[PDB]
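Heading - cloxacillin (open form) complexed with Peptidoglycan glycosyltransferase
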Amino acid sequence: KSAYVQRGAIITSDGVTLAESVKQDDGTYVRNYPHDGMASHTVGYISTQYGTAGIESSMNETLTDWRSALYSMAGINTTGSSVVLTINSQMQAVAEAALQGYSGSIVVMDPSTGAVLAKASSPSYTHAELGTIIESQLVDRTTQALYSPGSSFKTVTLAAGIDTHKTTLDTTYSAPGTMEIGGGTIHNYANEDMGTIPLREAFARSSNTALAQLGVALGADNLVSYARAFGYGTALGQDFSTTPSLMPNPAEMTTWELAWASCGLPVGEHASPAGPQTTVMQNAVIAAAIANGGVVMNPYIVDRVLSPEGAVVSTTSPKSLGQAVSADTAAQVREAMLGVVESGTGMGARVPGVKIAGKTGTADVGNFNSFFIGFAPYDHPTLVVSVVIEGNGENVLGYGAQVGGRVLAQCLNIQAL
Ligand SMILES: *C(=O)[C@@H](NC(=O)c1c(-c2ccccc2Cl)noc1C)[C@@H]1N[C@@H](C(=O)O)C(C)(C)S1
């Protein structure tokens, strides 16, 4: 009976329709996807073969007595209501252009609300291609793929160390090329001996040996608690599905495992999952919480629902998942992240004439992935970005940062119009 009931439209915040139902002469309705290929994973689909995904799935209730027995009356009475997303089409096009030629994903988010302004996964597909045989492409690498976050997770270790008042940005750390911890070995990248340096510098240069010592000083309970307070263990998304980011049961962790976890590498062996394992969306949520004075927002992608004749049925409200760190801690972490871009591993994210802050990472998976989270402008951030570029075959060292800065710069100009 449901082919005869018109399905509501899915529309961007700037007024671009990405999904629509069209009436047949038959009486039935056919699902049409204008600008087919934009925000495909987010818009989603309902397919017998390929399953259901995205807004088509999560808002299916919304987009979907005596008259019900008459199929001829299904068309007149009740139309589906439409969904206006928080996605902006120009920011979406920006994120999609930056992923051309690469596998991975980008999220652009408003740090004060958690509104998702761009959400792109690559490789992507068109709805036309769902009517044919295809495999990778269908995985939503923003929300439904887990990755070792590598050094980008040091944002959480740093935040926890500062928030528990166990260290400060100017506290010095030995940052040798190799160190014995928990009866195993931790190395800096390239075995680089950095000598004794302040934590802000250990963070800007992404020393594993330094940040591992902080993780060990923190202990497993604190490291796991802080990860969870940033959202680990929560299925992020008010109105979309994200697979929870994972940490171990702290009681099961060893010291060596702890050392590695605090650098973003999951090496545990126990009943509970190894961690951290992250989504890109979770990485955005962390950057956003840091950008927003420590207040974690549950991200969302629907702005509002519109009745068939264009009335506002309802509006999403921003909702907090709590205060993960104090405002004072957040300002310190923001400062440390500025250092990453101004003088450490994130210089590829620099954009002349605007202050960009962030944290980079690289995780071995002979393949490695490149991560970046960041926000801008440094003073009064209005945007957050989270990026993964998957190596696969290629060396992609530093690519996440170059992509991140580019996306932020172009999204700021869009914001400005
Ligand atoms: C965290 O991402 C860090 N990554 C590494 O150190 C990592 C290594 C490596 C080499 C020897 C012993 C242990 C490990 Cl994990 N191999 O692959 C990567 C490079 C640092 N962060 C990165 C950046 O912020 O992206 C680096 C490249 C500066 S190293």
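Positions are given from 1 along the sequence. Just follow the structure's listing: the first ligand is 1, and inside any ligand the first atom is 1.
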Practice prompt. Provide the full list of ligands or chains for cloxacillin (open form).
Written response: ligand 1
Worksheet item: Of the choices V340, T209, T362, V267, which has the non-hydrogen atom that lies closest to atom 26 (C) of cloxacillin (open form)?
Response: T362
Discussion item. Could you tell me which organism the entry lists for chain A?
Written reply: Atopobium parvulum DSM 20469
Discussion item. With heavy-atom distances below 4.0 Å as the criterion, list the atoms of cloxacillin (open form) near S206.
Written reply: 20 (C), 21 (N), 24 (O)
Fill in: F371 to cloxacillin (open form), any heavy atom closer than 4.0 Å
no
Discussion item. If we set the cut-off at 4.0 Å for heavy atoms, which region of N208 has an atom near cloxacillin (open form): side chain, backbone, both, or neither?
Written reply: side chain
Discussion item. Does only the side chain of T360 get under 4.0 Å from cloxacillin (open form), or the backbone, or both, or neither? Count heavy atoms.
Written reply: both
Fill in: Under 4.0 Å to a heavy atom of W260 - the qualifying atoms of cloxacillin (open form), by number
13 (C), 15 (Cl)
Worksheet item: Any protein heavy atom lying closer than 4.0 Å to atom 9 (C) of cloxacillin (open form)?
Response: no
Item to complete: Could you list which atoms of cloxacillin (open form) come closer than 4.0 Å to a heavy atom of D364?
Response: 16 (N), 17 (O)
Worksheet item: What are the atoms of cloxacillin (open form), with element, lying closer than 4.0 Å to any heavy atom of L265?
Response: 15 (Cl)
Fill in: Subset of cloxacillin (open form) atoms that lie under 4.0 Å from at least one heavy atom of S151
1 (C), 2 (O), 3 (C), 4 (N), 20 (C), 21 (N)
Practice prompt. Number the atoms of cloxacillin (open form) from 1 as they appear, then name those within less than 4.0 Å of a heavy atom of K359, with their elements.
Written response: 24 (O)
Discussion item. So if I count the atoms of cloxacillin (open form) from 1 in the order they appear, which ones are less than 4.0 Å from some heavy atom of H187?
Written reply: 11 (C), 12 (C), 13 (C)
Worksheet item: In the deposited model, what is the covalent attachment point of cloxacillin (open form) (residue and atom)?
Response: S151 OG
Discussion item. With heavy-atom distances below 4.0 Å as the criterion, list the atoms of cloxacillin (open form) near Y189.
Written reply: 6 (O), 19 (C), 29 (S)
Worksheet entry | 4.0 Å heavy-atom contacts with cloxacillin (open form) | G150, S151, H187, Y189, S206, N208, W260, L265, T345, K359, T360, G361, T362, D364, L397
